[PDB]
Asker: 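What we have here is Bestatin in complex with Aminopeptidase N.
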Amino acid sequence: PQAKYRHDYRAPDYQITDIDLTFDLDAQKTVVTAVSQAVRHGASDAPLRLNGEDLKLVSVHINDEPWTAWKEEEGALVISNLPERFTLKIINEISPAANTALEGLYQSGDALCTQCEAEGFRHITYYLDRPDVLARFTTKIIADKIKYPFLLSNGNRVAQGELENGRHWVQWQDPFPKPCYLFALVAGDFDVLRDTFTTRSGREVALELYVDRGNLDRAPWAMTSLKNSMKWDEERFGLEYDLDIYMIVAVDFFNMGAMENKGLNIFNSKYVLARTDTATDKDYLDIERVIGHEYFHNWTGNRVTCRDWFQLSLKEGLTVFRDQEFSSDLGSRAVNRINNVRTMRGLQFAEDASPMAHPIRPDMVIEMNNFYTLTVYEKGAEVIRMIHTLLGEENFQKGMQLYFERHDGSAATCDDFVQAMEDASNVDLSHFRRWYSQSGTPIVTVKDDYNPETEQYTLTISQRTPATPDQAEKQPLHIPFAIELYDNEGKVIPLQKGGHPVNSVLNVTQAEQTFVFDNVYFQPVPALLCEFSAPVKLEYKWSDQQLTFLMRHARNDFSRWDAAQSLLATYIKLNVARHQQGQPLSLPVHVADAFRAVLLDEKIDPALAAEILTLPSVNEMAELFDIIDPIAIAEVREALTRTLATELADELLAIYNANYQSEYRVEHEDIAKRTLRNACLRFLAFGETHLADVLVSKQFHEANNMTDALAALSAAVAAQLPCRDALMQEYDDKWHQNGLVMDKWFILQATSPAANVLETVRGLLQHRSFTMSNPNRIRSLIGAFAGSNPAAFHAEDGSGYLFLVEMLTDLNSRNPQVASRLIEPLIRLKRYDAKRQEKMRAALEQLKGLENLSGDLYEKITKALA
Ligand SMILES: CC(C)C[C@H](NC(=O)[C@@H](O)[C@H](N)Cc1ccccc1)C(=O)O
Ligand SMILES: [Zn+2]
């Protein structure tokens, strides 16, 4: 399995300008005929090298002449002695029914569908499977009419006929040149929700949402979100849809969440199907996000695509930035910013400290599907947001406009995008480009001084990025560091120096620098790195009272929540050391009081109150420690929950009851009150046992929506309440026929604090609703245990590791892309104590000796064992 290197990029020897595909479709045996119009660019003696995986070649013709100057090798068809321009015809067979890996053409229940990104099209036919080759596709599909009445591909429906023996065919044509990763085909029998969107310039777009028969009742919300996404992209970015049809197909069997195939998105049905009794507020907001995200790729990804896969972040970071802007504009900006920062600090930082650490533009890749990461996505989007911060909205939109103007119709690079932002704005981004090529999280250390005699405040800011496995050399970055200074009244002190205003976004571009502010009439309380202005670790010696002052006075809701996190961080760390010495929780009175004040603040946005009253996850808590103690973290989280439930019992029950809502609305103000109410419930579940059991049981049974019912069930599990087993059994009996709803239940089982959690998880491998054939079920049961129950996964007897090895031994052959998502908890071994590393190392060595080890797992295992 060979590494590929970004510095090896070379323009292709041949282009394909047009491809005409014919699928004679059958689950056991599909015959693909592919007629491509090719043009030599390279040396006249260069062979055409086509990618192909698991393809049965039937014939090779060049201008209709059967070709003798070719050979097959590992993953390729090499064709020699070609004219400068020619028609390539390939005929080959593939077998959808045998495709367990779910890449290329496969079976989803009774449907046939495709997944081609990153390199899945070479599983369908021999092709230039590289994103800088853009061709105009036309696609004829021939299939059994009763089994596949709907035959879908990208673009517009240009031809159709019937044939003998109950077959029919449809031809599609997509006028936009595309890399083959954007190719899609779907065959099956669906219910179809149809609607329309009229674009701002009056183009009328048929919207079509394909769902399994019987699911039309779960489709309107995805349709609404689609129109919302199209409207928003017009208002915010000035971007209109460019075709006449927009199709989305919800499939149950899918390795990822969704895919932006031009004019024909394929979606995991998890990101389509919602009804108020099956779906939570979080599902609704996720559907909106993911619908919007694939929609936004129509421009940032499709109209302008990626020159090579090392440029992935060019589309993913930028499209994540967009879906965050969408969610934030439509919903609560503060809650969105808070949650995206949780993800950054709790999940992405961990990856940047891992053996899989990489720059947002990687330099080296063995298996490209291994790089659809928190780094390329979430940190990518933080980098885009820093550009936005440096340029401001107006110049940022100008840089978007110049980007499309220069690159519409072509495959571009990260550096092109930076270049467009830089030229449109006249902001210098040459230093800034270092964020693309350097991995690891910078640590920004702040020291301050107030001088009463000169009324000057001085910040001495430094930065370093520790070395990572992949990079021995590190250099300072261009770090936009936003500050605000508060006087004793909570008023913002104007920033200025020598009689002139100073931008509150400081340019931290050196290893060490000093910033001096004048006319600081009172010793300030600083808010630092406001709105998480650079993806960095902040090191500043806060006092508790600086932090409670910020919770009370900071202008932006994000800084209030962030202050609360810095306050908690101190006491999480205190109490994990205590836990390790056998000592019970200790928390000063004035900390509990900051949280009492939040509960009883009548002016606070409930959306903000709810986030402050949501404790860091065990994953955000882990990132406060060099060496992770997963059991101490888990138990301290619980003890902190119990302590606050006891100290704030009366205030919690009052705020819980005050936020009752008899109507269920998917509306942001209602979501916010319900999130606060359920945050109050979480603590109440951990107070006095009889009261808790009554409250939780009652909520589960009286809920008129899945949000309140799951919140209850999930508190029953978390606090191991007496009602737990009956409620869990009831949900099983009601919902077992419905995989997406049962995924919620598998997650709760997988993340239970019960002593016997692993025994229960293993038994659930035999559950009526579970199957190894379904990525959703695998992730919900096995992935949630290994990744979201660190206390049990890291049981000291090493039983967690052995369990995962067993599962990955299966999945390595069945579905390597899911195997490689699931191995991730094991590759974090260097973060754990020496006894744990030794057991995890041993598990990894077991996996490395597997016969037919997939490249997907090979890459991670070898970096981890190094
Ligand atoms: C980031 C989210 C909004 C959803 C996310 N999907 C995407 O990013 C799509 O735009 C990707 N282009 C789909 C993808 C993901 C992983 C591997 C190959 C292809 C997914 O998880 O599928
Ligand atoms: Zn994407």
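Here the PDB entry sets the residue numbers for chain A, with the shown residues being 5-870 in order. In each ligand, atom 1 is the first atom listed, and ligand 1 is the first ligand listed. The basis for the numbers below is simple: all heavy atoms, side chains too, and nothing from hydrogens, waters or symmetry mates. Recorded method is X-ray crystallography, 2.3 Å.
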Asker: Which of the ligands or chains here are copies of Bestatin?
Answerer: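 Counting all copies, it's at ligand 1.
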Asker: Extract the binding site of Bestatin: heavy atoms, cut-off 4.0 Å.
Answerer: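 The binding site of Bestatin (heavy atoms) is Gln119, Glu121, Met260, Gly261, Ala262, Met263, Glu264, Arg293, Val294, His297, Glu298, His301, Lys319, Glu320, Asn373, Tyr376, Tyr381.
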Asker: Between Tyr376 and Bestatin, is there a nitrogen or oxygen pair with a distance under 3.5 Å?
Answerer: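 For Bestatin, there is no N or O atom that lies under 3.5 Å from one belonging to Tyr376.
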Asker: Quick check: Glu121 and Bestatin, any N/O pair under 3.5 Å apart?
Answerer: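 So Bestatin has an N or O lying under 3.5 Å from an N or O of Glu121.
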Asker: Quick one: which Bestatin atoms are inside 4.0 Å of a heavy atom on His301?
Answerer: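 Checking each atom against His301, I get 10 (O).
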Asker: Could you check which UniProt Zn(2+)-binding residues of chain A come within less than 4.0 Å of Bestatin, heavy atoms only?
Answerer: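 Of the UniProt binders, a heavy atom is that close in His297, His301, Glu320.
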Asker: Taking distance alone, with no angle check, do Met263 and Bestatin share an N/O pair under 3.5 Å?
Answerer: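 N/O-N/O distance below 3.5 Å does not exist for this pair.
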Asker: Provide the number and name of each other ligand or ion under 4.0 Å from Bestatin.
Answerer: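 Other ligands or ions: ligand 2 (zinc ion).
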Asker: Do any nitrogen or oxygen atoms of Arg293 come within less than 3.5 Å of a nitrogen or oxygen of Bestatin?
Answerer: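 No, since none of the N or O atoms of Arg293 sits under 3.5 Å from an N or O of Bestatin.
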Asker: Which of the substrate-binding residues recorded by UniProt for chain A place a non-hydrogen atom closer than 4.0 Å to Bestatin?
Answerer: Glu121, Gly261, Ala262, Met263, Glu264
Asker: Which of the atoms in Bestatin, numbered in the order shown and given with their element, are less than 4.0 Å from a heavy-atom of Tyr381?
Answerer: 1 (C), 7 (C), 8 (O), 11 (C), 15 (C)
Asker: To the nearest 0.1 Å, how far is atom 4 (C) of Bestatin from its closest protein heavy atom, and which atom is that?
Answerer: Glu298 OE2, 3.8 Å
Asker: By number and element, which atoms of Bestatin are closer than 4.0 Å to a non-hydrogen atom of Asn373?
Answerer: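 Atoms satisfying the 4.0 Å criterion: 17 (C), 18 (C).
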Asker: Provide, to 0.1 Å, the distance between atom 22 (O) of Bestatin and the closest protein heavy atom, together with that atom's residue and name.
Answerer: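 Answer, as residue, atom name and distance: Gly261 N, 2.6 Å.
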Asker: Mind figuring out which UniProt-annotated active-site residue of chain A lies closest to Bestatin? I'd like the heavy-atom distance, to 1 Å.
Answerer: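 Answer (UniProt active site, heavy atoms, 1 Å): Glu298, 3 Å.
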Asker: Numbering the atoms of Bestatin from 1, which are under 4.0 Å from a heavy atom of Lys319?
Answerer: 12 (N)
Asker: Just which atoms of Bestatin are under 4.0 Å from any heavy atom in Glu264?
Answerer: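 With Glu264 as reference, the close atoms of Bestatin come out as 9 (C), 10 (O), 11 (C), 12 (N).
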Asker: Say whether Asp327, considering both its backbone and side-chain N or O atoms, lies within less than 3.5 Å of an N or O atom on Bestatin.
Answerer: no
